[PDB]
Structures are given as structure tokens and as C-alpha cells.
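Here the structure comes first, spelled out in C-alpha cells, and everything after it is commentary.
Each chain gets a letter, A, B and so on, in the order its sequence line appears, and its residues count up from 1. Only this structure's heavy atoms are used, side chains among them; waters, hydrogens and symmetry mates stay out. Start at 1 and go down the list; that is how both ligands and their atoms are numbered.
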2 protein chains.
Amino acid sequence: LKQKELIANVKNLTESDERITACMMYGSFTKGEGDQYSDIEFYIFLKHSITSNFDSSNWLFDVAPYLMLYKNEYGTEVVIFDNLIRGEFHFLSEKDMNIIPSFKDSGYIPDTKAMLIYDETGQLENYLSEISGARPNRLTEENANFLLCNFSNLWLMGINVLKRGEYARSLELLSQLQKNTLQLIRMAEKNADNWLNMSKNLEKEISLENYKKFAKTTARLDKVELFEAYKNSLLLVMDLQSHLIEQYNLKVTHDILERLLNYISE
Amino acid sequence: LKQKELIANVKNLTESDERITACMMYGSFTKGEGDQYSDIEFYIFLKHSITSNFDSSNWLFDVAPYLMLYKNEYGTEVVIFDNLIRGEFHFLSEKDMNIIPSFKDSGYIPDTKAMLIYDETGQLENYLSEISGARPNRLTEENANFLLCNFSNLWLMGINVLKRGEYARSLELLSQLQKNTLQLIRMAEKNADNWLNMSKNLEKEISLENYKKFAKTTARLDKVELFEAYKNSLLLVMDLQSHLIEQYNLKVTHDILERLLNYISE
Ligand SMILES: Nc1ncnc2c1ncn2[C@@H]1O[C@H](COP(=O)(O)CP(=O)(O)OP(=O)(O)O)[C@@H](O)[C@H]1O
Ligand SMILES: Nc1ncnc2c1ncn2[C@@H]1O[C@H](COP(=O)(O)CP(=O)(O)OP(=O)(O)O)[C@@H](O)[C@H]1O
Ligand SMILES: CCC[C@@H]1C[C@@H](C(=O)N[C@@H]([C@H]2O[C@H](SC)[C@H](O)[C@@H](O)[C@H]2O)[C@H](C)Cl)N(C)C1
Ligand SMILES: CCC[C@@H]1C[C@@H](C(=O)N[C@@H]([C@H]2O[C@H](SC)[C@H](O)[C@@H](O)[C@H]2O)[C@H](C)Cl)N(C)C1
Ligand SMILES: [Mg+2]
Ligand SMILES: [Mg+2]
Ligand SMILES: [Mg+2]
Ligand SMILES: [Mg+2]
Ligand SMILES: [Mg+2]
């Protein structure tokens, strides 16, 4: 894989460069899920007093020639290399390595070994041993209530804009509804490790039954298709709620979902 | 309108309640766009001493009985009243009233008069006057570049996950692409006030030609429809880039977009 050649380059350069004190890899190549379709991604920890003006544009070209480079909404440098591999490099002071513990909340981190690329001081390895084995419990009453409330809110907003004739906006809301629904399916089927990344591995991780029901909640930009998708979204959540009620005390009841259902033809 | 009755109750209670110093309304009922499909929304500014313990659930019930209340991801109290009207209420200390001037970054502020629901001290009116008539100018090289780079980033990521067979994830990414594409159309057509709310009034605000093109970038959860939508997504952005390049210096060139296009079948 071209990706692995680039990863090796990153390891090489982060070790040899005096400006870089640590490098943490994350993503699929640290979880046995890397393939030819994957990107590569790192936190690059820099000498504190040279962090502001660090020439990351030049450093990234030293990794490999690139076609495009910009800073995304998360402050991460994103590169499209000339071989079309995407790379995400988050550059920050070594003094901000204390961000790492909060990563335990992002998902299941069974192993940390592939994450350790370079570690000048030993501090990176120490932070990683704090998150190694991290596994958020997603199967909570709190989560079930938030998702059902969040869905009801978004569904009602969506059906309203649809009734107005704001079709494109109802489609946008439907995609937000869909993310929430995936999280509900993962709750109902007790396979919720891929939580924030709810669509990762979906074809491998959920029942055909609910996959097909989810597919029915999708639509192109079309009034009739949107109405069908919105209706099927509600029906699916009604199924999920009647399953989840057995496990949690829910504030969104079948009655409340029934009122939303009736509203479609109002 | 049920909405107007509820706004009236909010006006009534915010005035009379000694714990509430000011109430600012926003959204479509302050922008000449309110209708039967609208929600209602307010910032409620509380006397500083009681902000910490204020029982919002109790107060919102006084506005009208509700079927559902929860805090969304923005910390907004979101309510579905028992007549199925949606309400969004942001409770803050009076001392945070100075967040108001930053609202000018969100878009055009046509009517600060309709925004003033209650103002004990005259303070709210003063902050609102600072934003009246204001709008960002979205027509910039910085915006053209970010959107084209962000689109290219998300598109290449999305086509990779589609090729992988992660269809549900490619759909999720497609919806993110779609929002970037609406902002790009708004730049090209120079109708960019509805920027963060890019799909608001979309059917009324962009040309029939670009609406039709945008509609072809949409898909249901289906391999063939997804490949069609991803191609049409890039082709639309290629059209838009050819216009934008005349106005701004752009990092994303036609040649780069063509590399991405050829990548679909590689
Ligand atoms: N919404 C989210 N919030 C927080 N962390 C997330 C997240 N989505 C993904 N992540 C984390 O960031 C890592 C990198 O994510 P991405 O590169 O977007 C997908 P990936 O799992 O690396 O697969 P891929 O790049 O091979 O397609 C993921 O493995 C996950 O640990
Ligand atoms: N993404 C965003 N970021 C920041 N502000 C936004 C935003 N989207 C919308 N807004 C602002 O928040 C106001 C209320 O938004 P919404 O209630 O979601 C839509 P609306 O314009 O009120 O129409 P509607 O409620 O009648 O359908 C908008 O009018 C706009 O001023
Ligand atoms: C052990 C996981 C480390 C991850 C590092 C950190 C992070 O930088 N995530 C990014 C996150 O952003 C998107 S997915 C929304 C990218 O596709 C992904 O590769 C990653 O860079 C955002 C801030 Cl969520 N995440 C919170 C967890
Ligand atoms: C005069 C506009 C005032 C608005 C008030 C403030 C706000 O609370 N916006 C909300 C925003 O959130 C979503 S749309 C993302 C809601 O649909 C919308 O009614 C509004 O409540 C988020 C924090 Cl962006 N926005 C930054 C601007
Ligand atoms: Mg990755
Ligand atoms: Mg990534
Ligand atoms: Mg509104
Ligand atoms: Mg609203
Ligand atoms: Mg009461």
C-alpha cells in the first residue's frame, strides 16, 4: 500500500527532525482496518517555542509531493498527495499533549501499540497507556433518551420544512435524522463501539433486517421520495423505541411517536 | 397562528417574571419568513444571582404544556409543546448579553425591532442596534478556497469509502458535500446571505439550472445511485469552479478536479 510507504516516511522524518518531539498515529491503520481506500492521520507534537511558525507546508511536501493543502474546521492540516492519498496532520505544541486522555471518549481503543510512532520524552507512551483499553459504555438510559428526543426534534422540524416546500432543507435534516437512527440501531442491537463513527463498517456490523429498514429512510431530492423516507424514518424509530423501552426508562413514548405519525397528513 | 399565541405568552411571562431581565427573539418571525410550519425561538437573559439554579422546565411549562424537553448539542433547551409547535430557548445570565454583537457573523439581520421581546434596562435594545442591518460579505477568496478545498477533501474521502463498499458512510459524506455545494452555488450566483443556513429558501434563491444539477447529486442508499451522485457532485463543482476562477485566485484548479474525476474508475 502507498499509505504504508507514506506512514514509514512520517516515522522516518518525525524521528530525525529536531522540531518534532512526538508523533501519534490514529485511525484505521492503528485498528487493523486500513486498506487501499484509507487515509493516513497523525498528531505531530512540536517543540513548544517554534510551534506558531512551524513550516508545515514544506514539511508535508517532504513527506511526499502534494496537490492540495488546507486547514480544516478542526484546525487539522489536510493534504491530498499527488498519488491521491489523503493525509490529516494535526500540528500542536508538545505542551498540548494533555489532549490525549480526552481521546478515550471517542471510541473503543483496544490497542495503543500502532499509535506510538515517535516519542522523545516518553510522555506520549505514558498518555497512550492511560487510554489503552478505553471503551465508552454507550448502552445507557441517557443515550437512549437523547437520541429519541434528538430524533423527534429533528423529524418534526424536517416534516414541517417538507410540508412548506423547502425540499432541499428537508433532505439536509433527513441526513441528520439518519445519523441518529444509526446510533439507535447500534443501541438496539448492542453493537455500539462505532458510535461517533456510526456508519463505519455498517454493512458488516448490523442486521440485514435493520439495514434494509434504514435504506428505506433514504431519499433523493424529490417530494414523494422525501415523504416516504420521513414516514419510514418514523416507523423505524417506533420499532426501535418499542425494543429500547424493555431496557430503559424512556421520556419519548410510543404515544408521542404516534402523534408525530398522525401529523404527516395534517 | 399557534406560534403567535406562544410568542405572546413568552412576551407576557418574560416581562412579568422578576428573574428575567431581557428576552430576544430570533429566526423567521424576526425576518418576515414566519409561517404555520415555523418554530419559535428566544434567548432568555436571567438576573445573575439566580441563573445557576433556574428551573427552565417549570418556566417553559408556564409558557404552555409540553410533551418533550431536552438540551441539544448546542446546550439549547428544545421543547415540543403539546400542540406540536417546536420551541428553542437559550437561557443565559444577563451578564452574557454581550454575546449579541457576535450574532452578526451568522448572517443578515433585517429587523432588530421584532427581535426585542422584553428589555428591563434598555441594554438589549442597545446591543441589537449594533447589529441592525448588518450582514457578512461571503464573497471572498478565503470562502471560495475553503469550500473548494473542503469539498475536494470530503469528495475524495467519500469516493474511497464508496469504492470500499461502505455505502452508508458514503451517503453520510455525500450529505456533507451537498452543504458545501450549496454554499459554492451561492458564491457563484452571488446570493449568499443564507450561508450557514444554506438550504433555507433554496427553491426560491438559486437558479433552476443549478437546482436541477444539485438534485442530481442526491442518492438513496444504493451503489449505482451513489456513484451517479458522486460523479454529478464533482461535475457540478467543476462547473462552479470555472466561474469562481474568474473572481478569485484558487488553490483548487480544473486539473486537480479532473484528477479526482478520473479517480472514480481507478
Ligand atoms: N465523529 C468522530 N468523532 C471523534 N472521533 C472520530 C469520529 N469519527 C472518526 N473518529 C476517529 O478518527 C479515526 C480516523 O477517522 P477517519 O479517517 O475519518 C475513518 P478511519 O476509521 O480511519 O477509516 P478509513 O480512513 O480507512 O476510511 C477513526 O478511526 C476514529 O478513531
Ligand atoms: N447553522 C446556523 N448557524 C448559526 N445560525 C443559524 C444557523 N442556521 C440558522 N441560523 C439562524 O437561526 C435562525 C433560526 O433557525 P431555524 O429555526 O433553524 C430556521 P428559521 O429561519 O427560523 O425558519 P423556520 O423555523 O420558520 O423553518 C435562522 O433564521 C438564522 O438566523
Ligand atoms: C483515538 C482517536 C483519536 C482521535 C483524534 C481526535 C480527532 O482529531 N478527530 C477529528 C476527526 O475528524 C474527522 S471525523 C469527524 C476525520 O475524518 C477524522 O480522521 C478525525 O481527524 C475531529 C476533531 Cl472529530 N478525535 C477526537 C479522536
Ligand atoms: C440573529 C441570529 C441569532 C442566532 C442565535 C445563535 C444560535 O443559538 N444558533 C443556534 C442554531 O442552531 C440550530 S441551526 C444550527 C437551530 O436550528 C437554530 O434555530 C439555532 O438555534 C446554534 C448555536 Cl448555531 N446563532 C449563532 C445566531
Ligand atoms: Mg482514516
Ligand atoms: Mg481521516
Ligand atoms: Mg425558526
Ligand atoms: Mg429553530
Ligand atoms: Mg408552573
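Found at ligand 3 is the drug clindamycin. The name the PDB entry gives to the main binding partner of clindamycin (ligand 3) in this structure is Lincosamide nucleotidyltransferase. In contact with clindamycin (ligand 3) at heavy-atom distances under 4.0 Å, by letter: A.
By the 3.5 Å distance cut-off applied to N or O atoms, A/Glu88 is counted among the residues near clindamycin (ligand 3). Among protein heavy atoms, the minimum distance from atom 2 (C) of clindamycin (ligand 3) is reached at A/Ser106 OG, 3.6 Å. The protein atom (non-hydrogen) at minimum distance from atom 6 (C) of clindamycin (ligand 3) is A/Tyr43 OH, 3.6 Å.
Put simply, atom 14 (S) of clindamycin (ligand 3) has no protein non-hydrogen atoms near it, under 4.0 Å away. Distances from atom 1 (C) of clindamycin (ligand 3) to the heavy atoms of A/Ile109, A/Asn72, B/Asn153 show the closest one on A/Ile109.
Contact annotation for atom 17 (O) of clindamycin (ligand 3): protein present (non-hydrogen atoms, distance under 4.0 Å). When only interatomic distances are considered, the shortest N/O to N/O separation between A/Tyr74 and clindamycin (ligand 3) does not fall below 3.5 Å. Contact atoms of clindamycin (ligand 3) toward A/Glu41: 19 (O) (distance under 4.0 Å to a heavy atom of the residue). Remark: minimum distance from atom 4 (C) of clindamycin (ligand 3) to any protein heavy atom is reached at A/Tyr26 CD1, 3.6 Å.
Proximity of A/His90 to clindamycin (ligand 3), defined as any heavy-atom pair under 4.0 Å, is not found for any part of the residue. Measured on heavy atoms with a 4.0 Å cut-off, the binding site of clindamycin (ligand 3) is A/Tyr26, A/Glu41, A/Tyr43, A/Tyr74, A/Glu88, A/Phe103, A/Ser106, A/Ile109.
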